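What follows is a model of Carbonic anhydrase 1 carrying bound acetazolamide.
Throughout, residue positions are numbered sequentially from 1 according to the sequence presented. Below, all heavy atoms of this structure are taken into account, side chains as well, without hydrogens, waters or symmetry copies. Note that ligands are numbered from 1 as they come in the structure, with each ligand's atoms numbered from 1 the same way.
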Amino acid sequence: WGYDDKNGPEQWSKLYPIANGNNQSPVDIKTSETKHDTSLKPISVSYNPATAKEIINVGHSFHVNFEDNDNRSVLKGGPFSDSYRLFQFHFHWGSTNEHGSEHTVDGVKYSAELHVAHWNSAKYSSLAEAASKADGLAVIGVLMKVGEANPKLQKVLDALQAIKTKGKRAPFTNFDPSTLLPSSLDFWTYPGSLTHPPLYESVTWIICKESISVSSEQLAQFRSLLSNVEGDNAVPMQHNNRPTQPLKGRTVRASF
Ligand SMILES: *CCOCCOc1cc(C(F)(F)F)cc(C(F)(F)F)c1
Ligand SMILES: CC(=O)Nc1nnc(S(N)(=O)=O)s1
Ligand SMILES: [Zn+2]
């Protein structure tokens, strides 16, 4: 699978059939239609800089990975009775500056999107057990708005020199990805899926209502990454965002 025209989102179904399921992400959040739910506590993020393990190039994107064998870095709060464990964060972008984000709000597409992934440390014992589970994963989504260079991006953008080709991997230590979040964690939540394959309808989505800034050049650093393996040609990572999906009667809750 991939984001190319011959293996993209459109051919995913004729491959993974859940892509035409009932709980697909990303989606468009129509604000006139959200619901303030009163049982929604705020969201508390308690990450530890020293769980920061490595950065690695997975060919369609890159990931920053964390140590996930105790609740050292947790997502607590929101719609969650349980504490969720941080294990990864990563990004999404597009061909140009006007649509790299996966979620849209009110039909407004953003330049990129930040995803911060947790699994249910406390109902399940492993993340492979957790992946298929409707209540297994929790991802925070942060819209990215083209403007000023983000300072806290740099410390990770500075690290892609060392993972330029597909499979290339580098150590990445002392990082609090909470530093990447907006000042307000006012958010929406809806039940949804993973946005690329395996596409598991197992993600409880947290979408911060506040954007963060990324600069036009920082987005270019995203596309200086290579889909290919070393020695092979250069094919750069141009986009890796899925089109929005049908809500199919799902309810998007606001925390405000
Ligand atoms: C850059 C890659 O991220 C780290 C690996 O995260 C996952 C592992 C697994 C598996 F069960 F195979 F270990 C599954 C998932 C999934 F649920 F598909 F997101 C992520
Ligand atoms: C290993 C891994 O993380 N696979 C994913 N598949 N879809 C994801 S999404 N866009 O929720 O963040 S992550
Ligand atoms: Zn993602």
Where would I look for acetazolamide in this thing, copies and all? ligand 2
In chain A, which residues that UniProt lists for Zn(2+) binding have any heavy atom less than 4.0 Å from acetazolamide (ligand 2)? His90, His92, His115, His196
Acetazolamide (ligand 2) to chain A UniProt active site: nearest residue, heavy-atom distance: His60, 6 Å
Covalent partner of acetazolamide (ligand 2) (residue and atom): none
Per UniProt, some residues of chain A bind substrate; which of these have a heavy atom under 4.0 Å from acetazolamide (ligand 2)? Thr195, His196
Please name the UniProt domain of chain A that makes most of the contacts with acetazolamide (ligand 2). Alpha-carbonic anhydrase
Heavy-atom contacts of acetazolamide (ligand 2) within 4.0 Å: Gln88, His90, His92, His115, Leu194, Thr195, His196, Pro197, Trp205
